Each structure stands twice: as C-alpha cells, then as structure tokens.
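A structure with sulindac.
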Amino acid sequence: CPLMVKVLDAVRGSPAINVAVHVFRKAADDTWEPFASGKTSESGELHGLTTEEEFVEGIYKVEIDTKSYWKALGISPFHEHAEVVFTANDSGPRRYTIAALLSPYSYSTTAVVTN
Amino acid sequence: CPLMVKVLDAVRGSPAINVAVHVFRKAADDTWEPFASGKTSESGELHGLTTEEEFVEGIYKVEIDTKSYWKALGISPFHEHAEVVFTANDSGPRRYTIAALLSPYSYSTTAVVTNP
Amino acid sequence: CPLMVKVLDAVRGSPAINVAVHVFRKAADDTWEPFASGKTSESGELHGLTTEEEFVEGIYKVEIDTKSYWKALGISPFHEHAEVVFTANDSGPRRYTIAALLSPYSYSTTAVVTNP
Amino acid sequence: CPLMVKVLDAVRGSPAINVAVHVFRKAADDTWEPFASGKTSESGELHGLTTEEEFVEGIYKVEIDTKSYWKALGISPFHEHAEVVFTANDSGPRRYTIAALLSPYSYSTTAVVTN
Ligand SMILES: CC1=C(CC(=O)O)c2cc(F)ccc2/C1=C\c1ccc([S@](C)=O)cc1
Ligand SMILES: CC1=C(CC(=O)O)c2cc(F)ccc2/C1=C\c1ccc([S@](C)=O)cc1
C-alpha cells in the first residue's frame, strides 16, 4: 500500500469517517485523470488506493471531499475540498501517508513519506 | 480588499516572502478562469488581489506556489502548491483572509471570514 | 510591542475574541513568574502585553485560555489551554507573534519572529 | 493502551523518531506528578504509557521534547517543548491519541478520542 490517506476531525477529535477521497494522476496533457478513490474507514484511513506497480512517478492530486463531510455533520464548511498535490518520486522514500486534519474553516495536510 | 492571502513559513518562523499566489474563479462552464495573482510581500501578505466589485459570488481557487518558495530555499518540498478552494460571497460580500502556514511536508490553510 | 498573541477560531473562520492570555517568565529559581496577561481583541489579537525594556531574555510561557473560549460557545474542548513555551531574545531583542489556531480538539501554534 | 502519542516531523515528512514524551498528572496540590514517559518509536508513536487501570480521570499533561528533537536534527527550534494539557474524562470516548505535528517554529496537536 504505497499511498494511504488519513483524515482527522479537529472539531470532534475523531477519525474523519466516510470522507470521499479521489486521487488523480496528472496526464501528459496536464489534465487530472481519475486514478483511485474511496471513503475513509472508521479509523479515518483510506488504504489500498493503489499498488506499487500502478503508483509510478508523476504528479498526483489527492482530493478530499471535506465539504460533504462537514455538511453531513451539520457544520458550515469554508473549503470546497482539501486538495493535496504532490510529485511521487521514485528515488527515495516511497510509502505516502497523506494526513489531513479537518476543521470547518481550516485544514492541514501533511505527508509522511517512509520506506 | 475583500481577498487577502497571508503565508507564514513554519520552518523559519517568518513571513513567507515573494510567494507566488494565483487566484481562479470557476466559470459558468466549470473551468478555472484566471482571476488575480500576486506575490506575498515582506510581511508574507498579499493585498490588492481584487475589489468588492470584482469579487463576485463564485467558487474561487487560491493556488499558493509553495514549491518555488521552498525550492529557492534549497528545500525540495512535498506539495506542488497549496490550493484553497472555496465558495465566496454566498451569503453576501465578505472579507477573506486565506492564511497559510508552510512546512516542507505540511501546510495548513485557514480562512478568516469577516463581515464588513 | 515585542510580544503579540493572535488567536484564530478554525471552526468559525473568525478571530478568537475575548480569549484570556497569560504570560509567564521562568525565574532564576525555575518557577513561572506572572509576566503579563490580557484578552484578545475583536481582531483576535492581543497587543500591549509588554515592552522592549520589560521583555528581557528568558523563557516565557504564553497560556491561552482556549478552554473558556470553547466553553462559552457551548463546546467542551479537548485541551485545558494552549501553552507556548519559548526562549525569547536569546540572540538580541525580537518581535514575537504567537499565532494560534483553535479547534475544539486541536490547536496549532506558530511563532513569527522578526528582527526590528 | 488508553493513551498514545504520535509525533510527526513536518520538515522531513516523517515520523518524529526518538522524541522524549513525559506525561504528568495534576496532583491535588496543582503540581504535575510525573506519570509516564518514553521516546517515540520509529513510526513516531509512543504506546504503553499507561493502562486503563492507572489512567483515571484527571488533568494530564503530555510534554513532548520538541526542542531536543530539533537540536538533534541541527535545526533551530522556537518552542521549548510541545505541552498538551487535557482532562481525561471517564464518561465518553476513552482511548486518547495525542497527535503532534512538529515544525521548528510551529506545532499542532490534535486529540483523537475514540472507543
Ligand atoms: C500524528 C498524526 C496523525 C496520525 C495518527 O493520528 O495516527 C494524523 C492524521 C491526520 F489525518 C491528520 C493529522 C495527523 C497527525 C498530526 C497533526 C497533523 C497536522 C495538524 S494541523 C497543522 O493542526 C495537527 C496534527
Ligand atoms: C493567527 C494566525 C495568522 C495571522 C497573522 O499572524 O497575522 C496566520 C497567517 C498564516 F499565513 C498562517 C497561519 C496563521 C495563524 C495561526 C495558525 C494557523 C495555522 C496553523 S497550522 C494548523 O499549524 C497554526 C497557526
């Protein structure tokens, strides 16, 4: 599992559960090809998005549907979504955890890039 | 000045200076039209991107060129950019401060939305 | 104004207003002496805590009463407070902006340290 | 394991490894009694700090030695440490993950309070 997404809710201090995550790879024409997607689990994690075969070097976008998340909770969000865009680079560390911490008017994302 | 962008560098504990910021508005046809752009000043702030008249309702995207920022400091950052996408002025005109704090492998973005 | 505290509310996308802030300086004997205190204003800022003369080298603790803040909004937050502890003015006098972003179960604190 | 600490490095995008964490419980006299401590693992996690028997209701402080961490990496830190102070409350959710994301001049902490 070379790409994992973990999402946390900073309002309720919980995994952000059932958050839609779409992953895109930048095509040669600079458009975003849908690549992988899913909903975060009860631990706010999304595993099995890609394999080490499929996850080649390139620019990827992780799109977290934070707005849907907040709407389901009855809380007014600011952002349309949380968009994480990064170059997956073969060279060094290669397991990516994309950690997102969500608040209605704020989010942070962090990459944990390991071996 | 209804849309301000402020960028802080979490490594240096300083404003993130000369950070390129590009603003887009989603068009009727769902593409991103170029709305405004600028560089953060010495204070890490970007003022004067737009006006009350111009900043109409819509979905805007603020793309903060965090990569060039880190690169020019010799740091190969994780993200290509920090982009904040939001519906603006849905309940009437507001002042938006897009506050972003940058680390090579992390950024956070906060919105300060005030009613003038 | 060498020490400013700014507090943002990440739930409301607003300044965190009337947030009690207490500043302590570690004494020669290692206890926390009360240095200054105040409430964040409408802008979520707290200015005038100290002066260049008073703000001498030392280890300071800024305790942000984030709990009362959330409580008065009907929210039972996780943390009792947000406290930022730092050595100030080690390389000569600096201006410190303690920037804090609050969510009921999370807070972040950033330091903007500038040389006047 | 009712109290876990996870620390991440936002500069290197990695678990924050070998970070000293001290946990304190507020004594009746308002002093902080040392309670539990440890170093974060290679995954930036600190498990086994307490047990569900020992971890009673009360005000706890998690003190993360972020300054030592940054010094070992040759990076000038701002904070002396990251201090997380919270009331452990029996009532509801009761497994605490204290997540800290570290930068030299910034940190955030988040509580993941689960069942
Ligand atoms: C350690 C850690 C984890 C992993 C875990 O909890 O097991 C995590 C997962 C997320 F989805 C989001 C954040 C975190 C986290 C620390 C953290 C990161 C950013 C912020 S922002 C800058 O406020 C705060 C805290
Ligand atoms: C108060 C405040 C300001 C305004 C100012 O200093 O004038 C700001 C500006 C930025 F460009 C970025 C962050 C902040 C901030 C608090 C803060 C926000 C996110 C984080 S992340 C979640 O670690 C931490 C702290």
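Below, chains carry the letters A, B, ... as their sequence lines are ordered, and counting in each starts from 1. We count ligands from 1, going down the list as the structure has it; atoms in each ligand are counted the same way.
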Which macromolecule in this structure makes the most heavy-atom contacts with sulindac (ligand 1), going by the name UniProt uses?
Transthyretin
Can you tell me which other chains reach within 4.0 Å of sulindac (ligand 1)? Heavy atoms only, strictly under.
A, C, D
With a 4.0 Å heavy-atom cut-off (strictly under), which part of C/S106 contacts sulindac (ligand 1): side chain, backbone, both or neither?
side chain
Identify the closest protein heavy atom to atom 14 (C) of sulindac (ligand 1): which residue and atom is it, and at what distance?
A/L8 CD1, 3.8 Å
Which organism does the PDB entry associate with chain A as its source?
Homo sapiens
Which UniProt-annotated L-thyroxine-binding residues in chain A have heavy atoms closer to sulindac (ligand 1) than 4.0 Å?
A/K6, A/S108
Nearest-contact summary for atom 15 (C) of sulindac (ligand 1) - protein heavy atom, Å:
D/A99 CB, 3.6 Å
Do any other ligands or ions come closer than 4.0 Å to sulindac (ligand 1)?
ligand 2 (sulindac)
For atom 18 (C) of sulindac (ligand 1), what's the nearest protein heavy-atom neighbour? Residue, atom name and distance, please.
D/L101 CB, 3.5 Å
Is the shortest N/O to N/O distance between D/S108 and sulindac (ligand 1) below 3.5 Å?
yes
Where on A/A100 is there a heavy atom closer than 4.0 Å to sulindac (ligand 1), on the side chain, on the backbone, on both, or on neither?
backbone
Which of these, A/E45, D/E45, A/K6, has its nearest heavy atom closest to atom 6 (O) of sulindac (ligand 1)?
A/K6
Only heavy atoms of A/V7, strictly under 4.0 Å: list the atoms of sulindac (ligand 1) that pass.
11 (F)
Could you list which atoms of sulindac (ligand 1) come closer than 4.0 Å to a heavy atom of D/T110?
24 (C), 25 (C)
At a 4.0 Å heavy-atom threshold, which residues contact sulindac (ligand 1)?
A/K6, A/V7, A/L8, A/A99, A/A100, A/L101, A/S108, A/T110, C/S106, D/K6, D/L8, D/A99, D/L101, D/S108, D/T110
Protein N/O near sulindac (ligand 1) N/O, under 3.5 Å, which pairs?
from	atom 1	to	atom 2	distance (Å)
sulindac (ligand 1)	23 (O)	D/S108	OG	3.2

